[PDB]
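Complex: ceftriaxone / DNA cross-link repair 1A protein.
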Amino acid sequence: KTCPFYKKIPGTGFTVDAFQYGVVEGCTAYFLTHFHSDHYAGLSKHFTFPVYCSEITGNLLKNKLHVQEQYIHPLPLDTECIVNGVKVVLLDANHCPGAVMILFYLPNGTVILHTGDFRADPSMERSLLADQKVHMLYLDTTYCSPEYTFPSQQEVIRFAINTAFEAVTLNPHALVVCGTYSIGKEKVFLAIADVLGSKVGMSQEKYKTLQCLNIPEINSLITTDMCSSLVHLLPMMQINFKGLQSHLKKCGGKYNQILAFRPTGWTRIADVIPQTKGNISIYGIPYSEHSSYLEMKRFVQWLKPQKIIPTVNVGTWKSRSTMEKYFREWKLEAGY
Ligand SMILES: CO/N=C(\C(=O)N[C@@H]1C(=O)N2C(C(=O)O)=C(CSc3nc(=O)c(=O)[nH]n3C)CS[C@H]12)c1csc(N)n1
Ligand code: NI
């Protein structure tokens, strides 16, 4: 495949999250917004062009994908930087650790925001974004439809902490399991382990990944000694009745209950009822690191871009058409 147009920044030689197309012709610099596999797809130890990213993303490139250090160009956040003759700023995307949005200040006075993947927040409206007009927006449209309503991260964490704390205080032999398949959503397991006074147990591979994320005091919070911990991280693929029944056999049968948390259910918060089989309960918690529809709408209506380019769900005519209809509705409502 060749690089799609929505991964190219016009008036520049820049691409964003475009590593799976080989040598992109006329690309002078490759930006990586965050360390999720659809975005880094293609990077390896044999990559020989400059990669611009956050420090955390660079740590993950170095240690997990074995990208050579000479090609990793970490940039600080909230700082005007010049990359191949163009002023850029990286901003926190409120996504996963190391995830950024990129502001490009084009020679002709155009300003472009690329959100990477993000969860829009009103905090962004009082940030550096407020200090200049932004003309073009490359937008994370993951949940650009009104049925995507889910609660705040804080509300979801409140539910998870309360559920776990109650269960473990009632039954000291209970185990909490959190599923994972990528970086992001670390707050779920860290918050639960904090309330329980436990470290989070995990594989060496997961431990290594977390050690790349610049989380303060991380050494006090995580461990590879599983049976010393009340909170385990497992691959998301194991979060099912058979997988958790098998896990219950570990640590000499020390545990007699599992409460597992699986991020899901995007389409009150107390109405989260688990799927239960005997002493295993699986809670499908709607913890998202992407904008809800209303969050996305608010951000775009505040920013008032002249042109929106979706970067997600662009593969079907139906999805493209429906997104463009929402953008038009938003524009007409707000008057821009
Ligand atoms: C709230 O849970 N949301 C989940 C999820 O983790 N679902 C659970 C899961 O894997 N479940 C399974 C089962 O084990 O097959 C089932 C199937 S019912 C069942 N399967 C058995 O194998 C068994 O021995 N007894 N019973 C009764 C119900 S949903 C639950 C989810 C959302 S997306 C995704 N892939 N999973
Ligand atoms: Ni992502």
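By the PDB entry numbering, chain A shows 699-965, 972-1040, in order. Determined via X-ray crystallography, 1.5 Å. Whatever order the structure lists ligands and atoms in, that order sets their numbers, starting from 1. Just the heavy atoms: all of them, side chains too, but no hydrogens, waters or symmetry mates, feed the values below.
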Chains or ligands belonging to ceftriaxone: ligand 1
Other-chain residues near ceftriaxone (heavy atom, 4.0 Å): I937, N938, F939, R960, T962, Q979, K981, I986, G988
Contact atoms of ceftriaxone, heavy-atom distance to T962 under 4.0 Å: 32 (C), 33 (S)
Would you check whether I986 has a nitrogen or oxygen atom less than 3.5 angstrom from a nitrogen or oxygen atom of ceftriaxone? no
Nearby ligands and ions, ceftriaxone, under 4.0 Å: none
Element-labelled atoms of ceftriaxone that are located less than 4.0 Å from some non-hydrogen atom of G988: 1 (C)
Provide the number and element of each atom of ceftriaxone under 4.0 Å from a heavy atom of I937. 6 (O), 10 (O)
